[PDB]
> 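Opened a PDB file with benzylpenicillin (bound form) bound to Peptidoglycan glycosyltransferase.
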Amino acid sequence: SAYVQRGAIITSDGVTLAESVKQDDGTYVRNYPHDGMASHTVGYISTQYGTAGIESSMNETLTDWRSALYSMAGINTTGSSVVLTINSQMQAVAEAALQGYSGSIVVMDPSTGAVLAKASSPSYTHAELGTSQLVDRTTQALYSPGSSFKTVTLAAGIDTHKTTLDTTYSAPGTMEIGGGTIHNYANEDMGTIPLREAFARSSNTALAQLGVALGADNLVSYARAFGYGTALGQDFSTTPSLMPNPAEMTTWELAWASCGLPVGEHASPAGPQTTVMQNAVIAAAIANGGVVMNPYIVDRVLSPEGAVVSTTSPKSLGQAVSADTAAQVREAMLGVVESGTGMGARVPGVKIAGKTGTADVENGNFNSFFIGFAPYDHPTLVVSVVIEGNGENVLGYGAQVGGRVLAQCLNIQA
Ligand SMILES: *C(=O)[C@@H](NC(=O)Cc1ccccc1)[C@@H]1N[C@@H](C(=O)O)C(C)(C)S1
């Protein structure tokens, strides 16, 4: 079977990232041009390091008594190739934006869930497998989403008709909720302000009240309608994002969960805990009139004849919030970037909307998050980013990175 030629893995814009080369021996050596590009996505079949990506998720596609003879094991056959949805140019954009940081970025089409760029850092080359990096931080690492999760809280509060963007909230520096103390960043007392402004400035005190008003059943149900609990990806592996069993939640737990911090202590997992990919699916469903799409990364499969054997169809995971709700959420996210905590994602000449977040992790470090879309009117791309601080002060980086990736990718599209 080592005399059987495996198919190629190609990008949407025709860049071959994996291919088989017949050696004088007869056997084929798996080669990888542009080694280092989209490593986690392209993947590998390694005794030592395991399996990952397309090499393994499309393994069988890539892989008479003519069958006995090893000498004819090639004349008879060749494996079918896989054309990804990844666009090599957008992929380089994301990879360059991650240089010198650990974290990840996903760029997707909101109307279909097609993943156009997917990158994790640090990365590696296939050549190195011959000798942290291996974790795919887009899909197989979980993180506290922090305030990026407030997009869900907000969408739920509006969709259930429990609040509006102009409804005022008290946003004090600290407040006591269910026996515990919720606090705004730097205990900033913002006074009484509309929900749009609490969202823009990312007040934990205000969003925690929305959380408590919604209740645990509503917060979980809406998180799940956005994809939590699903192994996202029609043709790639994502670890499901997690929420607790609502019945086990406490009011304080619910308060922080509504701001993206998981503090639960119970049999079911603490939440929320998200993947970067799940964050993208939320941004996309909001940009997409509330319709959630199951992301995908294979466009089509080709026979060795350079012929189309199948094409992926975009598929919905359901409608998480109504169109009217999504339009209000989009307007709120535009405010974050225009006058709130996401001002760093602004790029002159383009209109960008999103939501930021920052979350403390182990050893006093923190992570920076950004989800968003562009252009504001008729969005054609969505971005999700995490920049892990790991000692460095990365406050605001997710948003700077997100806006720049969005703008560059839009130019690529033009
Ligand atoms: C949501 O992410 C909130 N984050 C925090 O309150 C905790 C935190 C942890 C480390 C450093 C700073 C804050 C609020 N939203 C973020 C954000 O939008 O990035 C703020 C930093 C604005 S506070």
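When a residue number appears, it is its place in the shown sequence, counting from 1. In what follows, every heavy atom counts, from backbone to side chain, and hydrogens, waters and symmetry copies are set aside. Read the numbers this way: they start at 1 and go in the same order the structure lists the ligands and their atoms.
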> Purely on distance, is any nitrogen or oxygen of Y185 under 3.5 Å from one on benzylpenicillin (bound form, ligand 1)?
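N/O-N/O distance below 3.5 Å does not exist for this pair.
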> When only distance counts, is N204 in polar contact with benzylpenicillin (bound form, ligand 1), meaning an N/O pair under 3.5 Å?
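Yes.
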> Hey, which atoms in benzylpenicillin (bound form, ligand 1) end up nearer than 4.0 Å to a heavy atom of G357?
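Taking each heavy atom of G357 in turn, benzylpenicillin (bound form, ligand 1) has 2 (O), 17 (C), 18 (O), 19 (O) under 4.0 Å.
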> Any nitrogen or oxygen of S202 lying under 3.5 Å from a nitrogen or oxygen in benzylpenicillin (bound form, ligand 1)? Just yes or no.
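Yes; the residue has a nitrogen or oxygen that sits under 3.5 Å from a nitrogen or oxygen of the ligand.
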> Please could you name the atoms of benzylpenicillin (bound form, ligand 1) that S147 approaches to less than 4.0 Å, counting only its heavy atoms?
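Per the distance check, 1 (C), 2 (O), 3 (C), 4 (N), 14 (C), 15 (N).
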> N/O of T356 under 3.5 Å from N/O of benzylpenicillin (bound form, ligand 1), yes or no?
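In this structure, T356 places an N or O atom under 3.5 Å from an N or O of benzylpenicillin (bound form, ligand 1).
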> Name the residue and atom that form a covalent bond with benzylpenicillin (bound form, ligand 1); answer none if there is no such bond.
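The entry gives a covalent bond to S147 OG.
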> Under 3.5 Å between some N or O of benzylpenicillin (bound form, ligand 1) and some N or O of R201?
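No, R201 has no N/O under 3.5 Å of an N/O on benzylpenicillin (bound form, ligand 1).
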> Counting each atom of benzylpenicillin (bound form, ligand 1) from 1 as listed, which ones have a heavy atom of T341 under 4.0 Å away?
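Checking each atom against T341, I get 18 (O), 22 (C).
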> Pick one of side chain, backbone, both or neither for how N184 approaches benzylpenicillin (bound form, ligand 1), counting any non-hydrogen atom pair under 4.0 Å.
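It is neither part, as no heavy atom is under 4.0 Å.
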> Which residues of the other chains approach benzylpenicillin (bound form, ligand 1) to under 4.0 Å (heavy-atom distance)?
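The binding site of benzylpenicillin (bound form, ligand 1) (heavy atoms) is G146, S147, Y185, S202, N204, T341, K355, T356, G357, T358, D360, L395.
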